[PDB]
Amino acid sequence: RXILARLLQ
Amino acid sequence: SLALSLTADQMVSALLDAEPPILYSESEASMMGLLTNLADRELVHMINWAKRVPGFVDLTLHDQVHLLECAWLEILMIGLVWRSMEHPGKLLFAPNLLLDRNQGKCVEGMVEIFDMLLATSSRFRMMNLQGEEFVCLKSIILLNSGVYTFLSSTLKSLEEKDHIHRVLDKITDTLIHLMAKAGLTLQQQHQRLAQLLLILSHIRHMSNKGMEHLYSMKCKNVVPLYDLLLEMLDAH
Ligand SMILES: C[C@]12CC[C@@H]3c4ccc(O)cc4CC[C@H]3[C@@H]1CC[C@@H]2O
């Protein structure tokens, strides 16, 4: 799952 | 392993340059919509900031996600408390959003939390908290809040924690260093250090009450569909 996941990567 | 080599002065400097931009802001529902819209936008910038916090990118992604999920509201509170510090009795959410205590009564149960936040702001003011201390405290919060809530079943997971506690040690040395430059006795330094870390304990408290309040407001259907904020909220 993720937005957090995507902005940290 | 950049983090552990940084000196006191390099740590403080590096933290002052990771500081996020101060955002401008744009009945009970509308008050909650106002505050959560700010919070949601800052979250985007808090992620950029966390990546610039020494030792943070060294963690696994799943642990980065874990620390931010645990600490985020604590991090918005300490920042709000800090910039309100010169504004007695007022909460400076944004440069165009300076809220009175009595403006907390717009929302059920919020004036209570405003009271807690303004008392913390007064404490920081009476202590003459420095900006260099603030950035140290906020990074401690990010690093320490979820460190105890990590998967304690893996050797890798046990190394992540050890690395986090070596970095937090660094920040303690950094705080001590700052207090010595300010010309404090050894006694006065470790007294100030403890007075500050004990405040992180009230901030964790304020954050627990605010998380309860926001989940309750979400249940009233008075929180807009801010995707990142709900993402953080729903990790509890
Ligand atoms: C989380 C709440 C909305 C967002 C508020 C906010 C929003 C932005 C910010 O920088 C700090 C804070 C601290 C208090 C928070 C509130 C306490 C309860 C309410 O639900």
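Order of the sequence lines sets the chain letters (A, B, ...), proteins ahead of strands, with each chain counted from 1. Only this structure's heavy atoms are used, side chains among them; waters, hydrogens and symmetry mates stay out. Whatever order the structure lists them in is the order used to number ligands and atoms, beginning at 1.
Going by UniProt, the chain with the most contacts to ligand 1 here is Estrogen receptor. According to the PDB, the drug located at ligand 1 is estradiol. The chains other than those of the drug that have a heavy atom under 4.0 Å from estradiol (ligand 1) are B. Residues touching estradiol (ligand 1) within 4.0 Å, heavy atoms only: B:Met32, B:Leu35, B:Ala39, B:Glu42, B:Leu76, B:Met77, B:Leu80, B:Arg83, B:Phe93, B:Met110, B:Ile113, B:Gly210, B:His213, B:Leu214. From the protein, the heavy atom lying nearest to atom 4 (C) of estradiol (ligand 1) is B:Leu35 CB, 3.8 Å. Nearest to atom 15 (C) of estradiol (ligand 1) among the protein's heavy atoms is B:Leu73 CD1, 4.3 Å.
If you check which protein heavy atom lies closest to atom 6 (C) of estradiol (ligand 1), you get B:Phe93 CE2, 3.6 Å. The entry attributes the source of chain B to Homo sapiens. Taking the UniProt 17beta-estradiol-binding residues of chain B and keeping those with a non-hydrogen atom under 4.0 Å from estradiol (ligand 1) leaves B:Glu42, B:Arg83, B:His213.
The UniProt domain of chain B holding most contacts with estradiol (ligand 1) is NR LBD. Atom 14 (C) of estradiol (ligand 1) has as its closest protein heavy atom B:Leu117 CD1, 4.1 Å. In this structure, the protein non-hydrogen atom closest to atom 18 (C) of estradiol (ligand 1) is B:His213 ND1, 3.1 Å.
Annotation: atom 8 (C) of estradiol (ligand 1) to nearest protein heavy atom, B:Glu42 OE2, 3.3 Å. At under 3.5 Å, a nitrogen or oxygen of B:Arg83, whether backbone or side chain, sits near a nitrogen or oxygen of estradiol (ligand 1).
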Tabulating one pair per line, provide the atom names and distances (0.1 Å) for every N/O atom of estradiol (ligand 1) that is less than 3.5 Å from a protein N/O atom.
from                 : atom 1 : to       : atom 2 : distance (Å)
estradiol (ligand 1) : 10 (O) : B:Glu42  : OE2    : 2.8
estradiol (ligand 1) : 10 (O) : B:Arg83  : NH2    : 3.2
estradiol (ligand 1) : 20 (O) : B:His213 : ND1    : 3.0

